[PDB]
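Data first, discussion second: the structure below is written as structure tokens.
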Amino acid sequence: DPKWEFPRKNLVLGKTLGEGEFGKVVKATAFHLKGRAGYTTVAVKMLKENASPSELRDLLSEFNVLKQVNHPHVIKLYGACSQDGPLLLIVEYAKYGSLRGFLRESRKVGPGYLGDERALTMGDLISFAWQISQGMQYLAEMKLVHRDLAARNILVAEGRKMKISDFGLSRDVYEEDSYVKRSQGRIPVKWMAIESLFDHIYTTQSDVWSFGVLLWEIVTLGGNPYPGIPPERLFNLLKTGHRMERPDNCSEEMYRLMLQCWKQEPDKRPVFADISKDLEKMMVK
Amino acid sequence: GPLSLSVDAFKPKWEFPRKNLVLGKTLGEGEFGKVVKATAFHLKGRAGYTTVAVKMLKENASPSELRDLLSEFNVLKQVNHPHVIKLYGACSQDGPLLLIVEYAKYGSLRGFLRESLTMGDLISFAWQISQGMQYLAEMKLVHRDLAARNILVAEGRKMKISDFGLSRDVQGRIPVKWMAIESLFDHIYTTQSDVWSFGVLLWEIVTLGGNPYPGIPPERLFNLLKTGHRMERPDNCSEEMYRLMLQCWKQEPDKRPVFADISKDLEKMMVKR
Ligand SMILES: CO[C@]1(C(=O)N[C@@H](C)c2ccc(-n3cc(F)cn3)nc2)CC[C@H](c2nc(C)cc(Nc3cc(C)[nH]n3)n2)CC1
Ligand SMILES: CO[C@]1(C(=O)N[C@@H](C)c2ccc(-n3cc(F)cn3)nc2)CC[C@H](c2nc(C)cc(Nc3cc(C)[nH]n3)n2)CC1
């Protein structure tokens, strides 16, 4: 595609920001990038030499999705180097890294959580959730289930701006408002809705479940969900009716919103436009 | 679904009591799971403590990971061969799912070779793997993920085939650089695609844990293999051995050798030394 193909000579790759088993994200710089003069700091998502067909299909799918979606709280695609070399995916540089990493740092790093850029209040945590909810509102409007919504997969940009990232597992759902796969999914079990885990059904309403898990991560400052519980235990735990308890540092109003997101029946959960309104009513109060 | 049924089913011959397992140091770990050394008291009617390896999931494990671990348990109950990694059992009643397997002291074959052995030792390793694969092929088991990282090196340098989480009897998460051409283009996995992968494993042995297709990205390999290209003859490799690699990488699966032929070729190399 000529609108997205970037000259490889103009990209210069730097240090590794982080790494999986099959791929990595490196800090980079790009010369003469989409009208800009000079160099621009960017992130490059790419595969390792041990890459599977599924990892390659997912990186290709992330590229496809990112060409079609533009939102202030969705990570911005600049382009790709995809001829005479490996597939390099050029995306916006979010300076604070993951939301999980950012929030876990605020425990350790002063001024820290307080109930400018390192001082956090409950007001700021609600704001972060609201930004992500606004991005998911838009992504649900585009007929697009993210599936892997979690605090490790949100990035934190300049001005503490939330950027939904890691679109490799996201699927189109124009067909039937649902994505169903026969085989087992690669979403971590502790972020999955009950119908996704048991029945393999992924909708906007299972992204609402996952968002509920993200809310819990946000208020506990990057907590590990279902702490100490093996992931195989989630099948029986969720079926019988159990959900994560109210974390210390969380209002009744916020916990009701979490419990709403984790209703067994997906029609009884709130849509992303309602979630945005709840968080607005929390903010103003 | 399939996994909720398996998990529930999974929760006597293979149930090891948790109180007799003492987990030791971590041997290594991926994103979603780890392998730890342990001591097992009264393991399968054996006196005292037996050193074992324990595979457990990490707490961000997916359904895919959990299925693979249960699938490995399912496969390893049906197989017993000196060059396949032995299952002793599982802890399923007391906390997380622990899979208890044979302990091989030197780690992965890839890691063993990268530390480094004569050409006779290298040919002996390829033969052992080929023997275990001849056994697996006879048991109707396609391994799928044959590679030097998925072979373990036990005491006396005995090769153990391992990592049975992706094996199937009779989308894709096997790395592109080890997959057969019909696997790449048609998603077909047979004994003859294990042969292809063994050929890549054979290349890894003679290079002392080399990275296959070095400086070619996996995305470009599809069209290089389709057109006819293969890896050239590596250094410290005979004409006889390279010919055996090239035949494992024939496009048509019928033209590739079976594992009896491979073993027979390797038996004929060692007797001529
Ligand atoms: C959560 O993401 C990180 C990580 O460790 N990811 C692992 C788990 C990971 C797994 C698979 C693959 N794959 C990449 C592929 F192409 C395929 N898989 N890459 C990485 C940790 C945070 C890191 C980062 N740190 C800082 C300080 C800034 C920053 N800015 C960014 C990052 C981006 C994309 N834009 N701007 N990113 C990015 C990588
Ligand atoms: C290739 O295997 C190692 C590794 O780092 N693997 C990573 C990449 C990895 C990924 C996923 C999971 N998962 C485990 C799960 F349950 C799910 N995923 N575990 C580990 C490196 C070698 C290490 C080892 N070192 C030594 C010195 C000895 C040794 N002996 C053994 C090992 C066994 C099984 N029996 N005896 N093993 C075992 C782990």
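All chains are named by letter (A, B, ...) in the order of the sequence lines, taking the proteins before the strands, and each is independently numbered beginning at 1. Values below: every heavy atom of this structure, side chains too, minus hydrogens, waters and symmetry copies. Counting starts at 1 for both ligands and their atoms, in listed order.
The compound at ligand 2 is the drug or drug candidate pralsetinib. The chain that pralsetinib (ligand 2) touches most here appears in UniProt under the name Soluble RET kinase fragment. By chain letter, those with a heavy atom nearer than 4.0 Å to pralsetinib (ligand 2) are A, B.
When distances are taken between heavy atoms and rounded to 1 Å, the UniProt active-site residue of chain B closest to pralsetinib (ligand 2) turns out to be B:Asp145, 10 Å.
An N or O contact shorter than 3.5 Å links B:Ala104 to pralsetinib (ligand 2) by distance. Considering backbone and side-chain N/O atoms, B:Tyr103 never comes within less than 3.5 Å of an N/O atom of pralsetinib (ligand 2). Of the listed options B:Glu29, A:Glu21, B:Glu65, B:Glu29 places a heavy atom closest to atom 6 (N) of pralsetinib (ligand 2). Contacts between B:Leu99 and pralsetinib (ligand 2) below 4.0 angstrom, taking non-hydrogen atoms only, are absent altogether. Less than 4.0 angstrom separates atom 2 (O) of pralsetinib (ligand 2) from none of the non-hydrogen atoms of the protein.
Of all the heavy atoms of B:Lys160, none lies under 4.0 Å from any atom of pralsetinib (ligand 2), so neither backbone nor side chain is involved. Proximity by heavy atom, under 4.0 Å to pralsetinib (ligand 2), holds for these of the UniProt semaxanib-binding residues in chain B: B:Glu102, B:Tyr103, B:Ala104.
For atom 39 (C) of pralsetinib (ligand 2), the nearest non-hydrogen atom from the set B:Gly28, B:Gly165, B:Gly30 belongs to B:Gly28. Restricting to residues UniProt lists as binding ATP in chain B, the heavy-atom distances under 4.0 Å from pralsetinib (ligand 2) involve B:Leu27, B:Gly28, B:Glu29, B:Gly30, B:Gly33, B:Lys34, B:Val35, B:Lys55. Lab note - ligands/ions near pralsetinib (ligand 2) (< 4.0 Å): none.
Of all the heavy atoms of B:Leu152, the ones lying under 4.0 Å from any atom of pralsetinib (ligand 2) belong exclusively to the side chain. Pralsetinib (ligand 2) is contacted mostly by residues of chain B from UniProt domain Protein kinase. With the cut-off at 4.0 Å and only heavy atoms counted, the binding site of pralsetinib (ligand 2) comes to A:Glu21, B:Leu27, B:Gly28, B:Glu29, B:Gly30, B:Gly33, B:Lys34, B:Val35, B:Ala53, B:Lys55, B:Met56, B:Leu57, B:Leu69, B:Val101, B:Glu102, B:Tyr103, B:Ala104, B:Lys105, B:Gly107, B:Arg149, B:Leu152.
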